[PDB]
Undergrad: 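Got a structure here, written out as structure tokens. Questions coming.
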Amino acid sequence: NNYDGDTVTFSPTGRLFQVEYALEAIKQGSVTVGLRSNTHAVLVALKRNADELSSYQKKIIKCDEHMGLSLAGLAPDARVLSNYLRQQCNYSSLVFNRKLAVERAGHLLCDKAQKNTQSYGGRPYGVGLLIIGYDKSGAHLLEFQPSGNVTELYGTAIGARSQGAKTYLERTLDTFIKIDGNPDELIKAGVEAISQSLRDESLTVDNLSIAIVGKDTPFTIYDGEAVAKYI
Amino acid sequence: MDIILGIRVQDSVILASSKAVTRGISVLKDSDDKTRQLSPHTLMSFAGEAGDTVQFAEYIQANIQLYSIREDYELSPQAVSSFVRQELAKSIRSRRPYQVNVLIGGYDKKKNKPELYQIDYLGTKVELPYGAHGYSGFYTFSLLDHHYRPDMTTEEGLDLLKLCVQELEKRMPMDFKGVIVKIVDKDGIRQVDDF
Amino acid sequence: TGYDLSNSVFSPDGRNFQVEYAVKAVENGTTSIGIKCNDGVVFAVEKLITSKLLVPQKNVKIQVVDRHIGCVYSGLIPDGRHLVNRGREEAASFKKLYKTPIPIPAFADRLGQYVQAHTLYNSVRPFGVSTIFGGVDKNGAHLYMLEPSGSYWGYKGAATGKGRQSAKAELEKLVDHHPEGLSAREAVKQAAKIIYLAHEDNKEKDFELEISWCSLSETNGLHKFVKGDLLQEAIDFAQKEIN
Amino acid sequence: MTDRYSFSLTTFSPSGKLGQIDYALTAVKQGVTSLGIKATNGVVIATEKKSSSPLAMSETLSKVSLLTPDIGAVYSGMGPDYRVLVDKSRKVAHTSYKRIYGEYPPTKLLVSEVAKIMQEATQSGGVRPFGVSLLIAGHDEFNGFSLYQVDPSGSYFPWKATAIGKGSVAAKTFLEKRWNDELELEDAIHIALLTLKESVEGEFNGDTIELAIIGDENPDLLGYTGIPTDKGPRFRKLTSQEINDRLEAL
Amino acid sequence: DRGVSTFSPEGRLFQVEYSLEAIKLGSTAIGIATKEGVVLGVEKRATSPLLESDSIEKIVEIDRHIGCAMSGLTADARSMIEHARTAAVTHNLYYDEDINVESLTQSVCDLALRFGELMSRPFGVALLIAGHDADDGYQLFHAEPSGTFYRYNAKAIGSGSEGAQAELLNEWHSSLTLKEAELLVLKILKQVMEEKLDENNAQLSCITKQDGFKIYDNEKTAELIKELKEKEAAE
Amino acid sequence: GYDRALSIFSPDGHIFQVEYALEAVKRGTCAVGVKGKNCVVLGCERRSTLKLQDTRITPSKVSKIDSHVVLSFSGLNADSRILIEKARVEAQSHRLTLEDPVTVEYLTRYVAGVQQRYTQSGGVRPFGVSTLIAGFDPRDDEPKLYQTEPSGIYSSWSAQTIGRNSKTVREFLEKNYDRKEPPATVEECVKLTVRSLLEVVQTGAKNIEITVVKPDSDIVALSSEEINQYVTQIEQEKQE
Amino acid sequence: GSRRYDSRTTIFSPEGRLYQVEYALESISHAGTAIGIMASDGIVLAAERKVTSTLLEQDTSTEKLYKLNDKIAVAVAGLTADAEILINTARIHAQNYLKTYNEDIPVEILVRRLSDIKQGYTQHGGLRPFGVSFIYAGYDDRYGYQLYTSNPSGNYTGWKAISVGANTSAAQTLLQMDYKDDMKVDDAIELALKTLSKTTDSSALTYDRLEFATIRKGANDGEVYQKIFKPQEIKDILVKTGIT
Amino acid sequence: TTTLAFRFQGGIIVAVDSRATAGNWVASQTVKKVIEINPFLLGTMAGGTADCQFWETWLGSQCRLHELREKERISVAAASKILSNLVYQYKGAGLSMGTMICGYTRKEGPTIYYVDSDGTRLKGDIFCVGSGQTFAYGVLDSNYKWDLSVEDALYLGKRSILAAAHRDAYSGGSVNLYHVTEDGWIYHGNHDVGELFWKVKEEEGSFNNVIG
Ligand SMILES: *[C@@](C)(CO)[C@](*)(O)[C@H](CC(C)C)NC(=O)[C@H](Cc1ccccc1)NC(=O)[C@H](CC(C)C)NC(=O)[C@H](CCc1ccccc1)NC(=O)CN1CCOCC1
Ligand SMILES: [Mg+2]
């Protein structure tokens with residue numbers, strides 16, 4: 001009310017309203033799902049268009065051969081944060097000849113987002129990110145929120161109606177976690193998960209967006225006729 | 001670059017400047033004009049390090065032209081010479097100094113008098129009846145000391161100048177491919193085409 | 001009025017309302033505690049399990065500074081990380097210049113001054129965390145607790161978060177019942193019990209326990225996490241006490 | 001972080017007033033009375049030493065300050081503002097004059113430099129004006145003796161005699177009746193003590209009054225001998241005893 | 001007042017949303033993409049009859065293979081075009097090749113959110129960027145001050161945008177010839193424009209692989225206007 | 001440095017500081033530009049509440065940017081000097097690097113760009129000035145007349161006016177100027193310019209300034225008597 | 001942050017006026033009147049000191065009239081402290097020009113640069129403008145004798161006779177009445193004083209409440225002299241014109 | 001290097017050799033020493049290879065930006081001055097370039113500008129640049145007339161490079177010819193000195209110093 005003019009101001013109950021308003025931009029964004037087994041880690045994302053004449057806004061971004069994310073909210077902020085991740089992964093490779101741990105990737109994003117919430121003039125990031133990756137400790141899935149909070153999970157979803165897919169994955173936990181050495185089945189589980197967030201619209205060939213990374217699989221993205229297999 | 005001369009007479013200033021541009025064992029050009037018009041009644045000849053000369057001349061030209069437009073008024077030769085001197089005086093203590101020597105010939109319309117200023121690359125200014133830069137002085141000064149009079153006409157000055165060029169063409173080691181001569185007076189600047 | 005809209009502005013009372021508002025954010029956060037013992041310190045924290053989908057053991061909240069200091073906090077988790085990052089830089093430069101690892105009281109003031117600095121200007125926000133931290137140095141064991149205002153003191157026991165009052169009460173009993181001192185291995189068990197008792201103030205979601213410790217004899221003066229058999233032994237001790 | 005106040009905190013109001021300067025002058029009005037009188041052969045500046053507590057040692061707090069050997073200053077208003085102005089004033093006398101010309105600045109020019117500092121606090125970003133008026137007395141070879149008043153705006157005026165602060169309106173009237181152009185220095189000290197008694201309420205003695213003169217050169221206060229041209233400081237601070245001697249024949 | 005980079009309670013940046021209102025006040029611009037080329041057309045909208053309309057420059061070349069139309073506060077577009085041209089030429093210097101249309105658009109959109117308390121406010125102009133490259137062929141992009149860009153088969157921006165967009169929804173198909181597209185832009189511009197459409201108050205342009213980006217003459221457009229009127233009367 | 005964003009969007013999509021700068025232009029004295037077949041004429045109003053003026057030394061309303069281009073304005077006088085200075089410097093800088101004087105379009109584009117920069121730069125307000133820039137490109141005889149405004153937009157005009165009561169004189173020009181046949185001579189062009197100012201001015205004494213620009217750096221300002229003859233001639237034809 | 005306390009000194013009103021400039025002019029209208037009159041053989045500068053006290057040192061005082069160089073002087077109206085900042089800048093600017101061109105600075109060039117400084121404070125920087133109006137009186141070999149005025153807006157204009165500060169409306173009407181072009185210095189002296197005498201808010205105009213200065217060619221042959229009048233010289237010139 | 005370009009009745013001829021050397025090591029015999037800047041502008045290279053190659057392609061990018069901004073092809077004078085002002089900024093740093101900016105525009109006509117790395121900029125009708133410039137001058141000057149035909153002018157340019165290629169140890173490989181007309185530049189082939197020397201010797205009867 002009187003305490004939402006900028007990010008530097010606390011409310012009387014101890015809330016940061018600008019950070020909460022940035023969180024609201026994620027809820028308006030299109031749904032995206034993330035899940036993983038022990039061998040692989042999968043991202044599924046529902047893309048969104050302006051109208052029938054427009055293209056579908058790309059949700060998934062590669063960060064390295066072994067890491068990438070999906071987005072929900074302000075796309076330009078995702079481009080800034082992804083580009084920062086691309087540099088950090090690249091710094092680790094050039095200087096230490098070392099693939100950047102997915103956990104460190106989260107710690108770095110957390111600290112970058114935080115600085116924007118404690119200084120005058122700046123604003124919080126208005127996007128949420130799901131980061132998947134395979135490193136020296138196996139598969140990983142992370143959830144980033146622009147408050148700074150990063151969380152490691154087996155599965156999750158963010159965006160509009162993300163609660164449906166999040167409930168499904170909470171039921172299916174025991175099943176999909178043991179889908180080892182089988183990419184197509186882990187995707188099928190992720191596609192069925194995102195389907196629990198659909199209303200009036202179904203998954204079409206230029207609507208769906210899948211990305212996978214794992215033991216003997218680099219981070220790759222599937223679109224167009226390559227996802228027709230999963231409808 | 002090399003030879004630049006100047007003679008102030010009763011009613012005008014006359015500047016002569018060599019035409020040759022040499023680099024290594026080749027005369028690349030034999031028709032080079034080593035001068036810039038700073039204002040309608042002010043002319044500057046220049047000589048020195050390659051590149052620096054034209055870069056400096058044009059930079060001064062731009063500044064004087066800028067002044068003229070701003071004030072709708074022509075600076076006096078004395079005022080222009082002082083500006084040029086200060087620019088060179090700044091330059092000499094820079095990281096890379098301009099290695100350029102200039103002569104400034106002008107006609108002051110308020111005084112109705114011709115004026116000739118000699119300025120070296122250090123920023124050393126002197127007003128003179130006749131002037132030269134480089135090795136040219138070593139021949140011309142003693143010659144002018146003898147033949148120069150303060151009340152000479154423009155025609156007398158050109159003959160005096162022919163005498164200088166002849167002496168240089170006889171005793172100078174290098175072929176400087178003759179000179180371009182220009183006159184500055186009450187009516188402005190004009191070039192003598194047959195010299 | 002309007003005295004509470006800007007940081008670093010004094011009210012007619014002589015108070016900085018923005019710092020007091022930051023304390024509210026700390027009170028909203030999960031419970032964390034610190035127990036000073038014979039030859040070291042013990043830290044413990046409550047991790048709320050929001051969902052089945054959270055990977056157990058893999059959302060670590062306690063942080064090490066240098067090789068001999070542990071830090072835990074309640075409130076805005078990112079603000080706590082920023083403070084530790086600064087703590088690590090402060091410790092690094094101290095060791096760079098003076099060779100010896102940073103003493104705990106020296107470290108305590110480095111954080112204290114930094115947090116206090118964020119109450120001096122309206123262009124920055126106060127920290128939304130109370131930090132419990134400490135370790136072992138040349139003079140022995142020290143436990144500290146730092147607050148948004150920059151205020152810190154040494155402690156025998158410390159607690160902050162939603163269940164601070166329950167934990168404080170339980171801590172006061174240990175201090176009274178053990179005047180000669182508490183052992184490191186005892187303090188780990190007690191820490192577990194106090195977190196489980198403090199969980200009564202946050203009992204909708206069940207939780208995950210996380211403990212760490214520095215001890216001159218048990219961990220050789222270095223900060224380590226409590227895992228495996230020693231962790232499960234501490235959990236079982238706590239489970240037996242609630243029933 | 002960083003000073004985000006890069007804008008003026010003193011601005012013109014619709015009526016044409018500069019609010020902060022007016023309010024600074026209001027602070028000066030609340031301040032304790034101080035005065036200055038100019039004689040033929042000297043200048044006197046005086047003020048009441050308002051003690052904050054009887055446990056406080058008022059000798060450690062100097063309201064009258066030496067700026068140069070021939071220039072002194074006193075004030076009315078906020079003491080802390082005055083103290084830093086004296087520091088800056090002393091330094092500017094060296095940096096912008098003595099280190100260039102090898103001699104001390106004349107009174108008028110030092111005053112001009114102080115005024116500049118006070119004017120900038122009226123226009124620069126993120127600052128308030130100084131809450132003081134100064135009276136500066138001094139001597140220099142080519143101008144002789146002189147007395148100047150400097151206000152929070154940065155304006156300065158020369159005076160034969162004047163007073164500033166609490167009871168300045170009455171004190172100025174008293175000085176108009178007594179001031180002539182034939183006043184000797186001793187006569188001016190006498191009139192200064194008379195004028196100050198009116199505004200002071202409690203104790204009136206050498207311990208509650210602070211008074212300094214700009215008069216003859218003082219070779220005994222120089223600290224060395226050998227150079228004929230160096231004859232000593234014209235600024236002298238009257239002692240507690242020296243004031244009480246003049247209060248008997250009052 | 002309030003911060004320039006402030007979020008609304010709904011999760012949108014106030015200044016970005018307000019700049020979008022400025023673009024709705026701008027003159028109409030339409031773009032259509034075909035397999036034979038991409039067509040760009042704009043409403044000039046002279047404020048007075050004494051104003052020489054040919055000096056109104058709302059269609060602009062970025063490179064030989066990339067063109068650009070604008071709508072809104074058109075003065076703001078100058079530095080965007082300046083950046084785009086530099087980006088295109090710089091890439092050619094570093095890689096001895098044409099730059100992808102998508103990569104050009106992304107580079108322009110990176111400027112968009114570089115505002116706050118960098119420039120003092122967002123851009124108040126939207127751009128239609130049309131071009132061709134060897135990889136993705138003929139392309140049309142809509143670049144906003146939010147920092148977002150969508151590819152479009154067809155797109156209208158400005159005051160008559162929502163009406164023109166609904167018309168493009170019906171008329172566009174994947175087999176449209178270049179000539180068919182030219183007429184379609186003229187047809188839809190004539191519908192949404194205030195004053196009567198002619199060669200002086202409207203301007204066409206296209207980009208083809210063979211001939212590159214070309215702004216049409218007033219003589220060439222005038223004939224396409226005459227051809228359009230005749231075809232509508234013929235049934 | 002002072003950083004404040006002074007020029008910002010409002011809910012309805014307007015930048016009020018830019019729009020309020022246009023109000024300053026509307027307050028300024030009227031200025032008019034008319035281009036003929038072989039010339040451009042710049043007319044300017046001078047308010048007569050100021051007697052005891054010294055017209056020798058008082059800043060003239062029309063300024064030379066180069067020997068071939070001129071700039072008149074409407075709005076804040078002090079603001080116009082800053083734009084004129086920058087334009088004059090760029091004019092000499094162009095001659096220095098391109099070895100050719102500026103075109104009128106280029107000089108306008110530059111001035112308009114400067115104005116635009118001040119509408120989205122922190123710490124600054126927009127220029128409260130609109131300009132009329134007129135001249136002839138090097139080695140060209142086609143007349144050029146351009147207009148700029150605080151927002152930064154610029155455009156070419158057959159004839160245009162700016163300043164106070166400019167909507168009245170624009171109304172006059174819109175019916176009195178034929179695109180198919182512009183003023184064929186210098187006299188015709190000056191007369192149409194003076195006529196248009198006489199719709200708004202008051203007295204044709206020391207209130208009107210006229211400057212004529214012709215090809216190849218031929219610029220001259222008319223004196224009182226020369227202008228007064230146009231005023232005397234127009235009034236006698238009017239009584240009909 | 002600090003946005004809360006920003007007055008925004010450099011913005012437009014809805015009417016297209018600069019608030020702070022308008023308010024600075026309102027400030028200046030309460031300052032002591034200063035008059036400049038330009039004759040064919042010189043220039044007069046007359047100014048009224050702000051309500052004087054009898055114990056003010058009059059002879060060693062300077063409030064209104066300042067020397068910029070040997071050929072240019074200024075009369076001030078507004079905040080003295082602000083004026084001195086600008087005067088020292090103008091004094092330096094004159095010396096820079098002399099150093100560069102070996103010629104005394106033309107009056108207008110000095111006036112333009114000082115006015116350009118004032119303009120800057122109204123467009124950028126977020127600071128308050130200078131609350132000062134100047135009357136420039138000077139000579140150069142291009143235009144001869146010249147009078148200018150500048151104000152907080154940074155706008156300057158040339159004059160034959162002009163007043164600034166208090167009661168300019170009444171003062172300008174009186175000057176417009178009795179001024180003519182063939183006027184001499186001694187006549188202009190009399191006009192300047194007579195005008196102040198009628199427009200003053202005081203009871204009677206006396207020597208101690210005035211500052212006076214002429215710029216004549218009344219030296220020996222083709223050179224300009226600046227005379228800043230002493231107290232006794234103002235007393236005499238006041239008797240000589242029969243005001244006291 | 002040997003590079004030349006001269007002005008004549010029918011436009012501009014530009015001829016260069018194709019040799020690159022590192023000391024006495026012949027590094028390449030197939031180096032392109034003419035840089036095509038646009039259909040109407042050419043740039044010749046002599047001195048440091050990287051310096052010339054890098055900054056002349058950069059010059060092309062600046063010329064492209066001029067015609068995008070100004071909707072008009074850049075003048076030869078303006079193009080040459082961009083390059084000369086650039087190298088002047090690096091004066092003393094050690095750049096080594098002797099270049100010639102050739103082209104035709106409507107306002108200028110056929111124009112040649114000499115630009116070198118110490119900042120010299122000269123307009124002129126004939127220039128030879130490089131280690132073998134004097135050898136090229138000798139043949140070119142002695143046979144040059146303004147009234148030369150296009151056929152004869154092409155041959156003289158070719159024959160001058162051959163003269164230098166023969167005598168100068170640091171010139172050779174092959175001759176690259178260019179003709180610049182009102183319509184633009186035209187490429188007139190690569191001519192290997194291996195075959196060209198003997199062909200010219202036999203047909204012309206020159207080069208009697210050489211064992212036939
Ligand atoms: C005639 C043909 C000869 O003068 C021309 O002038 C040609 C101009 C054409 C090629 C554009 N000039 C040269 O061939 C030129 C002469 C030269 C050499 C060195 C400095 C300045 C001028 N040669 C080169 O530029 C060669 C060309 C390469 C070998 C194909 N390059 C070098 O000599 C390089 C880079 C020189 C250099 C310049 C500035 C800083 C560092 C290095 N040097 C080497 O490759 C080193 N060398 C290779 C052989 O192994 C030993 C190390
Ligand atoms: Mg050879």
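Lettering follows sequence order; numbering is per chain, from 1. As a textbook-style caveat: the illustration shows part of the entry, and contacts are counted within that part alone. According to its header, the structure was obtained by X-ray crystallography, 2.9 Å. Numbering of ligands and ligand atoms starts at 1, following listing order.
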Undergrad: Hey, quick one: which chain has the most contacts with ligand 1 in this structure? I'd like the name as UniProt has it.
TA: Proteasome subunit beta type-5
Undergrad: What drug do the PDB records list at ligand 1?
TA: carfilzomib (bound form)
Undergrad: For carfilzomib (bound form, ligand 1), which other chains fall inside a heavy-atom cut-off of 4.0 Å?
TA: H
Undergrad: At a 4.0 Å heavy-atom threshold, which residues contact carfilzomib (bound form, ligand 1)?
TA: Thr1(H), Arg19(H), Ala20(H), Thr21(H), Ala22(H), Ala27(H), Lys33(H), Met45(H), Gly47(H), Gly48(H), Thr49(H), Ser131(H), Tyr170(H)
Undergrad: Look up the covalent bond partner of carfilzomib (bound form, ligand 1) and give residue and atom, or none.
TA: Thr1(H) OG1
Undergrad: Going by distances under 4.0 Å, which other ligands and ions neighbour carfilzomib (bound form, ligand 1)?
TA: none
Undergrad: Which UniProt active-site position in chain H is nearest to carfilzomib (bound form, ligand 1), and what heavy-atom distance, to 1 Å, separates the two?
TA: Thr1(H), 1 Å
Undergrad: Which species does the entry list for chain H?
TA: Saccharomyces cerevisiae
